[PDB]
> 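Sending over a structure as structure tokens; questions will come in a sec.
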Amino acid sequence: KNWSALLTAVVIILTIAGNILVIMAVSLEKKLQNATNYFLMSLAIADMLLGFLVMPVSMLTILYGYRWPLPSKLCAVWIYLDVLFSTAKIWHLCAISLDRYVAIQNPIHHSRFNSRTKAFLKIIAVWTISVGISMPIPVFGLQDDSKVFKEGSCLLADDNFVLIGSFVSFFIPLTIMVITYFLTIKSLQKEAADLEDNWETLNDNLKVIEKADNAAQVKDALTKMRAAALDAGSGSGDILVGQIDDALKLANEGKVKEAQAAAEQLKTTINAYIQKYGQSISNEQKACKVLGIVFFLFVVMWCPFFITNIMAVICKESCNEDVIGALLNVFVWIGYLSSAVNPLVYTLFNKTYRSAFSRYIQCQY
Ligand SMILES: CC(C)COc1ccc(CNC(=O)N(Cc2ccc(F)cc2)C2CCN(C)CC2)cc1
């Protein structure tokens, strides 16, 4: 009746508002300009399109009693959209991890000069592959009207489509995301270990310089310190390398008594920069944790719908399907609420998201 129509109607507007907020935050804040936030904005675009088009149609179908009120030729469109955006999201997320798994493994990943157009084309390519995956739904639904209509109700009825799409769209990106998340935490655990080794090497060679009577000892210690400071090529790694090379210039000239005071000043710079480099890896893994959270939430909230759809294929004879069919009618809306959940996490964890969204609240832009 109507006591559940209101419950399923708030989800649409919450999804719309939250994802429009996310789009505005990504497109407005100058601090979010990188590949990950561009992918998140594309994800928010997909969520906003899903909430603007598919969710209200599903709501009106619910209020009409799970009956299709639109022209019969548009049903194949509806499912297509419901596949086009979600398949994007599960592949957008799967993209991000992969990118963040590989774009950080090059030894100069902590550098500036991010490839904006490269990430833009990556997003376009992910959308293109999602379009290619989603094309069969309308292509084979326009020909056969019994593939998108299951005895008067507009939903996927082809068991082959259900199985393959569940494998292709849902399970494969989920497994890829899990494996890449594990490999990402394993890889990032090594970053914080090499940095500590560089810090220890710098401390050892600074101890060596402080107590010295030779001229080439300074050269050896400064060379070892030069190798340690190189690190992930931040660019201000080279400002520390440049200062070390300045002291190395003093040593190679010959004045030992002058190089030691310089290295003392560089020691203060070294401690400051390492506490800045090791802090950068902390954010590098915090973003990974937040993205893992959003992966988990999306997958878990879309799980029951796929579980029941897979159930409805193989055991079509040895499984009761009286109330189980009605379970899908709320599992689909759990999957829809997965769209609205993401901005909540963004406001819960990412500080810039919190500030921007609070700015837009309480009678303000
Ligand atoms: C041969 C295939 C390409 C044929 O084409 C297919 C492509 C995809 C699938 C599997 N995808 C869905 O079951 N849905 C979309 C989805 C997509 C991705 C996600 F991560 C989450 C949800 C459901 C469609 C029905 N509505 C009501 C809920 C969502 C089925 C067939």
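Sequence positions, counted from 1, serve as the residue numbers for this chain. Just so you know, ligand 1 is whichever comes first in the structure, and atom 1 is the first atom listed for that ligand.
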> What's the name of that drug at ligand 1, by the way?
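Answer: pimavanserin.
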> Trying to figure out what pimavanserin (ligand 1) is stuck to here - the chain with the largest number of contacts. What's it called in UniProt?
5-hydroxytryptamine receptor 2A
> Among the UniProt-annotated serotonin-binding residues of chain A, which come within 4.0 Å of pimavanserin (ligand 1) by any heavy atom?
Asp82
> Would you mind telling me which transmembrane segments of chain A have a non-hydrogen atom under 4.0 Å from pimavanserin (ligand 1)? Number them from the N terminus as in UniProt.
3, 4, 5, 6, 7
> State which residues lie within 4.0 Å of pimavanserin (ligand 1), judged on heavy atoms.
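By heavy-atom distance, that gives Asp82, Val83, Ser86, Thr87, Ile90, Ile133, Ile137, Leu156, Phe161, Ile164, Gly165, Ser166, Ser169, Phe170, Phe298, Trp302, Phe305, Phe306, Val332.
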